[PDB]
Amino acid sequence: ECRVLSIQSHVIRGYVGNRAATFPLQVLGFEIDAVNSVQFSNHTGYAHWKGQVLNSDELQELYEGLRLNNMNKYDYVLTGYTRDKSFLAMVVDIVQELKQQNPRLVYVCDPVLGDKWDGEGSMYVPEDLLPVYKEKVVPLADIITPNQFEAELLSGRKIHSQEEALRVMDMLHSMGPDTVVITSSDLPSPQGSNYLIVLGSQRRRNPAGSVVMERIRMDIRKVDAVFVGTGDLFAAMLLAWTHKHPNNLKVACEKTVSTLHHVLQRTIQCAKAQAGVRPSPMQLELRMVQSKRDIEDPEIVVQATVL
Amino acid sequence: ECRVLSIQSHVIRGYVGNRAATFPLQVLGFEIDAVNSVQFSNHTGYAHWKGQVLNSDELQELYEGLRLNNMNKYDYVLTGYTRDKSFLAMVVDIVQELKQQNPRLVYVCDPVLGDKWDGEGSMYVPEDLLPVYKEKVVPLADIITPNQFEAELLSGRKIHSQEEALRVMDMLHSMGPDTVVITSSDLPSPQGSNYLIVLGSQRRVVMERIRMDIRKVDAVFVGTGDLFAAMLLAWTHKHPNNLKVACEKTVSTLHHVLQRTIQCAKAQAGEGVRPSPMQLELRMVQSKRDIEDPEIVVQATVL
Ligand SMILES: Cn1c(=O)c2[nH]cnc2n(C)c1=O
Ligand SMILES: Cn1c(=O)c2[nH]cnc2n(C)c1=O
Ligand code: NA
Ligand code: NA
């Protein structure tokens, strides 16, 4: 089996965090264990929400149970939105130990920090997490999925073009991860302003022992709606597809993105049908269960360009 | 869509409570929402375990979030192992309101209280819960899945035979639930000493009673009851007026999961060697196909 330790948020209603990542990965045959970092009624995008949060001591306690039972052996660790520094610090110590047990362990990290909605975006998490991500998390990460804003904060350099983005990706590689994917863009696109850019870069040592790097690009059609959990789903699927195609970033990224496409298209349709009228957050909840078939064998609806 | 609110335990490693009921129900297309009554590193059958418990106040606030957003509309509610009196009490108040919100809501309840090994009965929860189950839970439930021991405790009458079991089930029906299934019993089967009898009764007035003779296994699995209730919910949903088929698919599904689980357990633990709780964890993920369309391997007989 292939074991994944996913430490993310949980909601009763809806799909974000572990709710967005668990079903798909289970459907794909992964033994995914879910540590819920928070338990809320629904995501914070709704008008109302209530719930509890897990603290760093409780996380450590849970890991103790696993350790005591000699069940602290994983192939992958997967994290995303993290709200607290001591929690993030604990996540770091846990990954560090799991990597000692298994040096081949792959840590997939979605470095959630914030986004843009003008020019100079804003953060979604305490600023004191940035230094921890820079000095502790990223260095341990093997695969990261920052958006442009996050790539800039992590690298400490702004991005105004594709070449600058690639330079940032090289900087991020030097910080630690062999696979870097700047998930969202807003860089010029030959197809217009209705498209966003996805850039991916993967460094690996081939059979002959040569260290090479593969770079790809995708121009994805934007959507006129605010979805939640897509980044969590993107990271989970990237994990799954790079696992299946370890030396082919292109195919891995094309399947990840296509899976997202099918889920979002189905979600958009159902959302509209449930009215007209801008759908509510509830109606825009990802149609995960209904996308089982697309998750298993996604029809490739987009092709990446080689860089 | 068919929404299900499942209030059960959560474990990081393994499959029990919500871990045993969610994946299968999702695979089957249900929009199941999971309220984790606890979050443990693994079930209590291991040498060690750590975790936290959700208290009744936390359950209420989580529900408040749903209510405030008008997301308190469910087609089903699913509960199982509960340990606190106050938590269970909070659970009935919620089902109470959810039923007020949706009169057609079906409440599937697995009355976890205890079980009888050799002959004597052992309790799994504080006895201060029995009164709550009898007086408030069961009366609210529409489908219950007690083993023989639990049925005896709920009805207050002992069972020594099949017809006494059916009379107890008639008693449980009068208490409220239209569907009653005795998932496990000490009753004898002509199939041999290695089989146990399962009895089901559904009211809809017409009554449908069925019987299944199931093979036993010299191994202790955790989460099977949780999975049984989830699947019974799923299949009774697909076949609402046919307890016979709903139970054959439910039991057939468990068979495939346990069969696969036992084989992998022995493969990991050499022949002759008794598998550990870790090796005995249900092989849920690998049973996706069996959950979607279970090959029928057991026939129920209409009584
Ligand atoms: C996007 N998103 C959310 O909106 C959210 N809300 C609560 N947890 C959450 N998590 C983990 C998340 O990733
Ligand atoms: C059988 N069983 C257990 O033994 C257990 N232990 C902790 N949660 C548990 N749940 C939800 C359960 O169903
Ligand atoms: Na992101
Ligand atoms: Na039981």
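Read the sequence lines top to bottom; their chains are A, B, and onward. All chain A residue numbers match the PDB entry; in order, they span 4-279, 282-312. Heads up, chain B uses the PDB entry numbers, so what you see runs 4-207, 214-312. Each ligand, and each atom within it, is numbered from 1 in the order the structure gives.
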**Q** Any idea which macromolecule ligand 1 contacts most in this entry, and what UniProt calls it?
**A** Pyridoxal kinase
**Q** What is the identity of the drug or drug candidate at ligand 1?
**A**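 The drug there is theophylline.
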**Q** What are the letters of the other chains having a heavy atom under 4.0 Å from theophylline (ligand 1)?
**A**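 Heavy atoms that close belong to A.
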**Q** Mind listing the residues near theophylline (ligand 1)? I'm using heavy atoms under 4.0 Å.
**A** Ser12(A), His46(A), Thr47(A), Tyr84(A), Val231(A), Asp235(A)
**Q** Closest UniProt active-site residue of chain A to theophylline (ligand 1), and its minimal non-hydrogen distance to 1 Å?
**A**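 Going by UniProt active-site residues and heavy atoms, it's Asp235(A), 3 Å.
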**Q** Does any N/O atom on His46(A) come nearer than 3.5 Å to any N/O atom on theophylline (ligand 1)?
**A** no
**Q** Considering only protein heavy atoms, which is closest to atom 5 (C) of theophylline (ligand 1), and at what distance to one decimal place?
**A**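 The answer is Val19(A) CG2, 4.1 Å.
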**Q** Give the atom numbers and elements of theophylline (ligand 1) that come within less than 4.0 Å of a heavy atom of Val231(A).
**A** 1 (C), 3 (C), 4 (O)
**Q** Organism of origin for chain A, per the PDB?
**A** Homo sapiens
**Q** Would you check the N or O atoms of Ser12(A), main chain and side chain alike, for any that come under 3.5 Å of an N or O of theophylline (ligand 1)?
**A** yes
**Q** Filter the residues UniProt lists as binding pyridoxal in chain A to those having a heavy atom under 4.0 Å from theophylline (ligand 1).
**A**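 In chain A, UniProt ones with a heavy atom near theophylline (ligand 1): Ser12(A), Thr47(A).
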**Q** Closer than 4.0 Å to some heavy atom of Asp235(A) - which atoms of theophylline (ligand 1) meet that?
**A**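 Atoms satisfying the 4.0 Å criterion: 12 (C), 13 (O).
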